Amino acid sequence: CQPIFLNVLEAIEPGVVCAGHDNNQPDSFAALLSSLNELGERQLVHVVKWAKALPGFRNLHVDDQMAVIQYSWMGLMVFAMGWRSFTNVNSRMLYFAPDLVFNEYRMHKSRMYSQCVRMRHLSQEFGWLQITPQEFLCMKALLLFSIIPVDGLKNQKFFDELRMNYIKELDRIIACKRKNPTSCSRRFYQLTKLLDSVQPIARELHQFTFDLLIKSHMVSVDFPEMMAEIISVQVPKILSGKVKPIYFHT
Amino acid sequence: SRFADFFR
Ligand SMILES: C[C@]12CCC(=O)C[C@@H]1CC[C@@H]1[C@@H]2CC[C@]2(C)[C@@H](O)CC[C@@H]12
């Protein structure tokens, strides 16, 4: 047969994205956070292009297409970063970009060490669970449809249909080589648990970037155009409970 | 905005 769905995810997977960080300069909270913010701006461009190219994505109302991306970019970017860390330096450090690799010192200079530890842990989960490149791809796609407003989307039905189909695909990726039920059942359990763990991490980073935006001018931290807008219009909706993640387990 | 221009 032909792995049509997987052929697609693989084909549309974004390439390498650098942050343009000056590693020849001593680490500073301002320089580091400003470099992460610009990396977010650059990655967002690739996330938009990636999403628009996902199977069925254009079925969503245009307003919803923008909404899911605006709400999920953090989890998506954190997830992809954890995988990069796992496969490049084996989770030893957080591989944000080839030119922005965090060691313990940078994790501390960034003033978000605790959040970094969790991201490093998630990164290790990729190794502990032996996540395959294909499971990573489908799990990441599912993360784009994992957070919605409690009041529902413009066209909620189309979204529900899309999310269901991506869960179905994740389910068949699990039953490719496995020919045992308790086996597939166990794997699905582990992955959904893994997907859920991304949410608390994104929440912390959402709170952290929000507070940073509010007083960025006082700490010399620069927020690019799209980042500043999304963080002050969309992120608050999340922090105030108007928009929530979809958890598999509670 | 620039983000919106991506779908507009
Ligand atoms: C999404 C990014 C940048 C892309 C990536 O690889 C994951 C990483 C997670 C932390 C984010 C960062 C973008 C800029 C943020 C939002 C900072 O303001 C504080 C948290 C940072």
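By convention here, the chains are lettered A, B, ... following the listed order of sequence lines. Note that chain A carries the PDB entry numbering, so the residues on display, from first to last, are 669-918. Residues 99-106, in that order, are what chain B shows, numbered as in the PDB entry. Counting convention: from 1, in listed order, for ligands and their atoms alike.
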* What would the PDB label the drug at ligand 1? -> dihydrotestosterone
* Main binding partner of dihydrotestosterone in this structure, as named by UniProt? -> Androgen receptor
* Identify the other chains in heavy-atom contact with dihydrotestosterone at a 4.0 Å cut-off. => A
* Find all residues with any heavy atom less than 4.0 Å from an atom of dihydrotestosterone. => A/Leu701, A/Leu704, A/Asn705, A/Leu707, A/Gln711, A/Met742, A/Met745, A/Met749, A/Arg752, A/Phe764, A/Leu873, A/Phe876, A/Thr877, A/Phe891
* Asked: Which atoms from dihydrotestosterone have a heavy atom of A/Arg752 less than 4.0 Å away?
  -> 6 (O)
* **Covalent bond from dihydrotestosterone to chain** => none
* To do: Identify which UniProt-listed 17beta-hydroxy-5alpha-androstan-3-one-binding residues in chain A lie under 4.0 Å from dihydrotestosterone by heavy-atom distance.
  => A/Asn705, A/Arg752, A/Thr877
* How far is atom 12 (C) of dihydrotestosterone from its nearest protein heavy atom, and which residue and atom name does that atom have? -> A/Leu704 O, 4.1 Å
* Asked: UniProt domain of chain A most involved in contacts with dihydrotestosterone?
  -> NR LBD
* **Under 4.0 Å to a heavy atom of A/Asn705 - the qualifying atoms of dihydrotestosterone, by number** => 14 (C), 15 (C), 17 (C), 18 (O)
* Going by the atom numbers of dihydrotestosterone, which of them fall below 4.0 Å from some non-hydrogen atom of A/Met749? -> 6 (O)
* **Any N or O of A/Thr877 closer than 3.5 Å to N or O of dihydrotestosterone** => yes
* Asked: Taking only heavy atoms of A/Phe876, which atoms of dihydrotestosterone are found under 4.0 Å from at least one of them?
  -> 19 (C)
